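Benztropine bound to Sodium-dependent dopamine transporter.
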Amino acid sequence: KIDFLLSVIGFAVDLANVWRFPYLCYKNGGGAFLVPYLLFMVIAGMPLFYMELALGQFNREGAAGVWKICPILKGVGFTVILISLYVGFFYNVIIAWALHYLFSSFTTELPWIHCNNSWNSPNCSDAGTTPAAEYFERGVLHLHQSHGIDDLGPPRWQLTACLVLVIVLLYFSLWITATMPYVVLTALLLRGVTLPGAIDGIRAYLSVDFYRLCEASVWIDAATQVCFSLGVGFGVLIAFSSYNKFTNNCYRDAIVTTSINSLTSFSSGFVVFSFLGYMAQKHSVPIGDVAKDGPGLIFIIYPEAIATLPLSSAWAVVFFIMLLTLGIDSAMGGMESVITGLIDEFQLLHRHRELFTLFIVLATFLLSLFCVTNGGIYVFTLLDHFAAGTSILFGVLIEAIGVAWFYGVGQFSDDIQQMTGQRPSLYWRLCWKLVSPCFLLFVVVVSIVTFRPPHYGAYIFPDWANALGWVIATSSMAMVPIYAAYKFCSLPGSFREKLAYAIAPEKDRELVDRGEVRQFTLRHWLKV
Ligand SMILES: CN1[C@@H]2CC[C@H]1C[C@@H](OC(c1ccccc1)c1ccccc1)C2
Ligand SMILES: *[C@@H]1O[C@H](CO)[C@@H](O)[C@H](O)[C@H]1NC(C)=O
Ligand SMILES: *[C@@H]1O[C@H](CO)[C@@H](O)[C@H](O)[C@H]1NC(C)=O
């Protein structure tokens, strides 16, 4: 009971629900993003969470070692590793910013208050631009000294020192902590509720605009955010569930996890939009013109909310300590999963583990050094747009198609019944077989066909930036066909002989050899 309670609480609050969710909610309107989020969640987030839990718990192997049930579909074990590496590249800049803010918040006069600092412009408006946004973009990022993604400039030494500290802390780390976010968020929520002009920001939150529901960006954003929040599509759920006993049940875990995650996301968006409405009322501007729909929205929103609070310095220190802890936890989880999977896959990198871990850490630091330069927000935006999205949805769709069609929904249900004593009902089987793959395929095709170039406020990325982004997405996406070709060419025999062992499970060896392959009959495919 205590261990199970602490298990659900751990996944409840993370960097996805605190940082990315309000950004994507403000970008898409507020309710026109809430509707697709719930629609995609209740349909294809719980079934995939349950499927990943059961697969990991039964196979008792890592992200790549599970695929002995469909030997040809193993490139999705390296696709997820590449995706996690790409995410971890830009996942450290958030922690560097948090460290910078925590260090700079150790004073009696906060710097994001008034328009008298050396990093200000004649456009600054004290109750143009706000002092908090001007501080973030001109005294921390120094974005005004870069023309665009073409003109980056040398890295800054302060953010480089913060990055080095983050890297060493992560490497050496790789009751009180688990309850600080709840208290801090409750204080912020109460303060935002009891503020003038918050009702407008709440009305703008709980109101659906049908004109944006006919687009595609909001559907793609909701689909990607569901996977980012729940944790599916990264290969960490399978690795974690590899040690989840055998008799532990998975549907009860999935239901509670999904419910708590949804509640936390809703509360975070509520707080952010309430403060947005207050500031819009204060500055005599509409809610849609307060700030830019960029990744650094919380770093502009939250300093002002702390400033409107008594004893603002202590609250600032506590908030940024909490943010640093959350980022460290998420980064540790991702890097641990990547390293463990790579070590397990190759038996050569087992006598040399510390060297491999040091090499991975060094490479991640070197490739994350690109976002510390003057124009690093452009590289951050490009990575955020292109590392996840089409690649993660493609990997999730391939995993679902494999596990369901190529293996057997009935066989998966029989395995689950053997594991836990209860065979899944018709809702789960139908969702695994038909409902989820169709909605994933539609989203993938829509995302691929539609253009949607990235931008940062008013900067428009050139053609070569989009080409590079598509290159780095395709690099992760294209691990399935190459492994399929290698596996097909490695097996011996003829076309039928190779195809028999390429798709049948490794537990089916004694039966495929004696002229009996289950995947060669219509009844196997036509069953739900
Ligand atoms: C990209 N990774 C990040 C966030 C999503 C995916 C999953 C991974 O898991 C974390 C985690 C922490 C809190 C909430 C949700 C996920 C994790 C940390 C420590 C130990 C295990 C897992 C971290
Ligand atoms: C702003 O800065 C100037 C010069 O640093 C200083 O003299 C002044 O007192 C500050 N405040 C106002 C309200 O001008
Ligand atoms: C400041 O405002 C003026 C318009 O009054 C605008 O032309 C200029 O580009 C602004 N400066 C910056 C750095 O955005």
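In order, the residues displayed for chain A correspond to 66-192, 209-255, 267-620 in the PDB entry numbering, which applies throughout. No hydrogens, no waters, no symmetry mates; every other heavy atom, side chains included, goes into these values. Start at 1 and go down the list; that is how both ligands and their atoms are numbered.
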If I want every copy of benztropine, which ligands or chains do I look at? ligand 1
Which UniProt transmembrane segments of chain A, numbered from the N terminus, hold a non-hydrogen atom less than 4.0 Å from benztropine? 1, 6, 8
Please indicate which organism the PDB names for chain A. Homo sapiens
If you take the residues UniProt annotates as binding dopamine in chain A, which of them have a heavy atom under 4.0 Å from benztropine? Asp79, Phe320, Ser422
Which residues, given by chain and number, make up the 4.0 Å heavy-atom shell around benztropine? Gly75, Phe76, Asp79, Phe320, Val328, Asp421, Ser422, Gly425
